[PDB]
Every structure is written in C-alpha cells, then in structure tokens.
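What follows is one structure encoded as structure tokens, with my remarks underneath.
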Amino acid sequence: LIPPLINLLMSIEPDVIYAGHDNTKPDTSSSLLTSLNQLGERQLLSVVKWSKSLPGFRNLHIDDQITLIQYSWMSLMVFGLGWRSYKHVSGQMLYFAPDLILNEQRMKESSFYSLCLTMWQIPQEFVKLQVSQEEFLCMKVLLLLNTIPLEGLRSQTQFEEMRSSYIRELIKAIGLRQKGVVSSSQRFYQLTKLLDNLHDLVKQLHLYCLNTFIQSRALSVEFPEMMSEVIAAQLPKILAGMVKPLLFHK
Ligand SMILES: COC[C@]1(OC)CC[C@H]2[C@@H]3CCC4=CC(=O)CCC4=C3[C@@H](c3ccc(/C=N/O)cc3)C[C@@]21C
C-alpha cells in the first residue's frame, strides 16, 4: 500500500488547467508568449493553493513561505510540464495544457525552439528513468524546498525538519517499486541528482524569462500581476547567484 503522506500529496494535486488559447488562429510569437503567461499565472495560483494544503508548509513563517514560492516557481512549473508531457503524450510533445500542446513541428515554428528543446529534456528523462507518480510527488515538494536565502530562513529549524521529512518520504517512495538495497540506493542518487541538475536547466529559463520581461513592451507580451511580482521580487537576485541552492551531492 501507499505511505500516508504520499497519498495525501496525491489528493492535493491541482486540477487540470487550461491556457484559454485560441487554436483557431495561426501561432504568432506574441500570441504564444501571451498564452504561456496567462497559463503560468493560473498554474502559479494553483501552486499557492496547493502549498496551503502541503503538510509542514503553513507552519513556516509567512515570509519564508512567500520566499520559497518566489524562489521555486519556475522549477515547479517546468517539472509539472515534464510530468504532464510524460503521462499524457508519452513525453513526445510539450503538454503545457490540454488546449496548449506543442509537438516538435509546432516547437520548431515557435520562435523559441531551443527553449522548447531545453524544456523537453525533463519528460524524456522521465521516460528514461520511468519515474512513478509517488516519486514525482515527493520530488516536487523537495523542489519547493530546494533553495534558501544566503542568511537562511526565519523558520530554519522547522524548514530543516520539513525538508528532511520529505527526503525520508522520497526514500519510501523508491521502496515501493524498486526492490534491493543496491537498486534503491542507486535510484535515490539518480533522482536526487536529477533535482540537482534542474538548477542549471532552470537558470536558462530564468534568464530567458527576465530578458523577455525587460523587452515586453517592444515584443508585445503581457506579463500578469503575480508573474510581475515574483520576477521583480527575486529574479535578478536568483540569477546573480545571491541565494543558496541546496544540492544533494558535491
Ligand atoms: C517561452 O517561455 C516563456 C517563459 O518566459 C516568459 C520562459 C519559461 C516559461 C515557463 C516554462 C514552464 C511553464 C510551464 C507551463 O506549463 C506553463 C507556464 C510556463 C512558463 C511560462 C510562465 C509564465 C508565467 C508564470 C507565472 N505567472 O504568475 C510561470 C511560468 C513562461 C516562461 C516563464
């Protein structure tokens, strides 16, 4: 059977979110970026709601909660994207939403082809490692907890306890399918290494995002209120390396 905390995590996963994109009109650079931002605003709102039901999280100081959402949002959404593309279209298309799915041909014509390719690494890797939903749900929580300020958080003790709690839960998640100490131990390394590597992938998306933000009026891309808030609140500090990424390995 499934360990209780893992079962809870599945019950609090967000519902399907639509882009609201008008697919009865040809893709333009403007229209895609507008749709992706509208969709992202909605996904981040659902991440915030999610976090209010995530055990441990509401007991961190409110300022730590805000900071962790502001540090981790891009990671959470690209990781979510990865999981949907894996589960719904065998990882061979980018499943942003049910009404916004890019096959490779549509990616090629997007104007951010290589960004699509960067993002496409995750679901291909999911296919490769055959990640289970139980492993995914634990890893996703660890991403939320994967960077802290250089001075630490106000609720550092509680945070350490929460992060350790979810690391122990991933170790239980691995034990469900994988049998053998050797196999389980190596799988713990693989999954935690994947999380480590996401720091580098996310940095590329952060730089693309901030560049597009700066040039938004010339490019005619709308940046929503919360999106603009999180960008202005932490993105340059993050890109500058003025935060502490938490690595599982050397
Ligand atoms: C071409 O991309 C434009 C982006 O750069 C503009 C660069 C990376 C995009 C995010 C990639 C992950 C992602 C997954 C989704 O399923 C939908 C949203 C999404 C991205 C987009 C995004 C928009 C808004 C928000 C939060 N708003 O509150 C989050 C993500 C756009 C960027 C950042």
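Residue numbering for chain A follows the PDB entry, covering 683-932 in order. As the structure lists them, so they are numbered: ligands from 1, and atoms in each ligand from 1.
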Legend entry - Options clobetasol propionate, asoprisnil, rigosertib for ligand 1: asoprisnil
Inset, instruction - Identify the main binding partner of asoprisnil here and report its name as listed in UniProt. - result: Progesterone receptor
Inset, instruction - Show the binding site of asoprisnil at 4.0 Å, heavy-atom contacts only. - result: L715, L718, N719, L721, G722, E723, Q725, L726, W755, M756, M759, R766, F778, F794, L797, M801, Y890, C891, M908, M909
Legend entry - Protein contact of atom 13 (C) of asoprisnil - nearest heavy atom, named by residue and atom, plus distance: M759 CB, 4.2 Å
Legend entry - Nitrogen or oxygen of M756 less than 3.5 angstrom from that of asoprisnil: no
Legend entry - Protein residue, atom and distance nearest to atom 19 (C) of asoprisnil, heavy-atom basis: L718 CD2, 4.6 Å
Legend entry - Heavy-atom nearest neighbour in the protein, as seen from atom 2 (O) of asoprisnil, with distance rounded to 0.1 Å: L797 CD2, 3.4 Å
Legend entry - Atom indices of asoprisnil, in the order listed, that fall short of 4.0 Å to a heavy atom of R766: 16 (O)
Inset, instruction - Name the closest protein heavy atom to atom 11 (C) of asoprisnil, giving the residue it belongs to and the distance to 0.1 Å. - result: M801 SD, 3.6 Å
Inset, instruction - Please could you name the atoms of asoprisnil that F794 approaches to less than 4.0 Å, counting only its heavy atoms? - result: 1 (C)
Inset, instruction - Would you mind checking which non-hydrogen protein atom is closest to atom 32 (C) of asoprisnil, with the distance to 0.1 Å? - result: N719 OD1, 4.7 Å
Legend entry - Under 3.5 Å: N/O of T894 near N/O of asoprisnil: no
Inset, instruction - Please report which non-hydrogen protein atom sits nearest to atom 28 (O) of asoprisnil, along with the residue it belongs to and the distance in Å to one decimal place. - result: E723 OE1, 2.4 Å
Legend entry - Sub-3.5 Å N/O-N/O distance, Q725 and asoprisnil: yes
Legend entry - Interfacing atoms of asoprisnil (cut-off 4.0 Å, heavy-atom, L721): 17 (C)
Inset, instruction - Pull out every atom of asoprisnil sitting under 4.0 Å from any heavy atom of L715, numbered as shown with elements. - result: 1 (C)
Legend entry - Top UniProt domain of chain A touching asoprisnil: NR LBD
Legend entry - For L726, atoms of asoprisnil separated by under 4.0 Å from a heavy atom: 28 (O)
Inset, instruction - Find the residues of chain A UniProt lists as binding progesterone whose heavy atoms come closer than 4.0 Å to asoprisnil. - result: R766
